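Opening remarks: the structure here includes ritonavir.
Quick note: numbers on chain A are straight from the PDB entry, i.e. 1-330, in order. Hydrogens, waters and symmetry mates are skipped; everything else that's a heavy atom, side chains included, is used. So how was this one determined? The header says X-ray crystallography, 1.4 Å. Numbering of ligands and ligand atoms starts at 1, following listing order.
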Amino acid sequence: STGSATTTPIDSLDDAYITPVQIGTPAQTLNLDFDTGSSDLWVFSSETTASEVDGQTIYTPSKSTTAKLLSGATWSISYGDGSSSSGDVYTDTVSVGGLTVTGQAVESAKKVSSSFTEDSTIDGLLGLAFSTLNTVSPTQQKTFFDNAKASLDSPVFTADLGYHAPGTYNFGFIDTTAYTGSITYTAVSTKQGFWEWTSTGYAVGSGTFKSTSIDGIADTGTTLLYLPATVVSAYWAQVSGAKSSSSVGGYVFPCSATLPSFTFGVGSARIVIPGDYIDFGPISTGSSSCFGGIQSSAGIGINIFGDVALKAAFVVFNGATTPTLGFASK
Ligand SMILES: CC(C)c1nc(CN(C)C(=O)N[C@H](C(=O)N[C@@H](Cc2ccccc2)C[C@H](O)[C@H](Cc2ccccc2)NC(=O)OCc2cncs2)C(C)C)cs1
């Protein structure tokens, strides 16, 4: 089997991407944020505290003839930005782009933090990291991909995120028409539960490539590219007037600037992030100070290849016995 679904930016900055997911019988379609940096499939639901729901579409398990309470199971997750959610669990039929998993754990939120409430476009998360990070207790649950894998034509999924445009998530096959050149594969460590890999270096603009190992995670659920402070300083030093603002919480630059590209290495191959991808717009409405899309990871404790990086590539998440990651230009 295979599945193929379009993923759509939630706003004009590509802050996140949402993908329609069918849950239950008859189907309830929710728009989920596919996240290769976490491993819980959780949704806004009929159980979510009413004051914490503001415009999202909800899952109502009582309206699904295939929903079954997963008795005694609870979940609770805390994310890198301080956001969180928690609740109870149902198993139900879940389909993505024509690929169906029966018996998928659907984590129903009873509570969500303010950042989720305030985003009416995201109806929940679909985690695509390793199932060892799933938070359901006392019986840990598998991700949608892990449950589907043995049925897929190939044990893979791909992320092809668009710049100011929709993209695609494919399950079980590699669309050889979706990229240029060849795919370069690189080793993954699963020891922390993430798609954790090592970039071989970077370049800023037309500058020389610096060979240096940069460990980090391929993370579709984070908007920006978070790298060591050394790398980030070398980038922004090429932009007149850019500076790190403690008040704003990172690097800002004059909205009048034209930004240089940023290249990262994948083995001997190179992925080029165009300058325009690094512009996240005014820090507040009407400001002439713009927010940078490359920021320091210091204090996060991990480097994060978020959407700014991934959307410059066709990315293969290879869930073979020894997982690997592939990157191609497109
Ligand atoms: C316009 C508005 C709606 C939006 N702003 C954003 C930008 N934001 C907030 C982020 O990128 N926030 C990032 C974040 O926490 N992302 C998260 C939550 C999230 C989900 C959906 C939408 C938005 C956020 C999702 C990410 O995959 C992070 C990556 C990570 C991993 C380890 C350590 C630190 C970080 N995953 C986790 O935090 O997983 C932690 C886990 C805990 N237990 C099991 S896994 C930070 C790391 C920067 C997106 S949409």
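In this complex, the main macromolecule engaging ritonavir, as named in UniProt, is Endothiapepsin. The site surrounding ritonavir, defined by heavy atoms under 4.0 Å, contains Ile10, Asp11, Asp15, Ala16, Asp33, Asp35, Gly37, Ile77, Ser78, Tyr79, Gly80, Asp81, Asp119, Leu125, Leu133, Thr135, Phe194, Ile217, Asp219, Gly221, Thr222, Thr223, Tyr226, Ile300, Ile304. At under 3.5 Å, not a single nitrogen or oxygen of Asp33, backbone or side chain, sits near a nitrogen or oxygen of ritonavir.
Here no covalent bond joins ritonavir to a chain.
From ritonavir, the nearest residue that UniProt flags as active site in chain A, along with the heavy-atom distance to 1 Å, is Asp35, 3 Å. In terms of polar-atom proximity, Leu224 is not counted as a contact of ritonavir, lacking any N or O under 3.5 Å from an N or O of the ligand. When each atom of ritonavir is checked for a heavy atom of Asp15 under 4.0 Å away, the hits are 1 (C), 49 (C), 50 (S).
Of the protein's heavy atoms, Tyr226 OH, 3.4 Å lies nearest to atom 48 (C) of ritonavir. Remark: ritonavir and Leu125 share no N or O pair separated by less than 3.5 Å (distance only, no angle test). Heavy-atom contacts of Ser78 reach the following atoms of ritonavir: 40 (C), 41 (C), 42 (C) (cutoff under 4.0 Å). Of all protein heavy atoms, the one closest to atom 5 (N) of ritonavir is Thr223 OG1, 4.4 Å. Mapped onto UniProt domains, the residues of chain A touching ritonavir mostly lie in Peptidase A1. Among protein heavy atoms, the minimum distance from atom 39 (O) of ritonavir is reached at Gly37 O, 3.4 Å. Annotation for ritonavir: atoms under 4.0 Å from non-hydrogen atoms of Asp81 are 9 (C), 12 (N), 14 (C), 15 (O), 24 (C).
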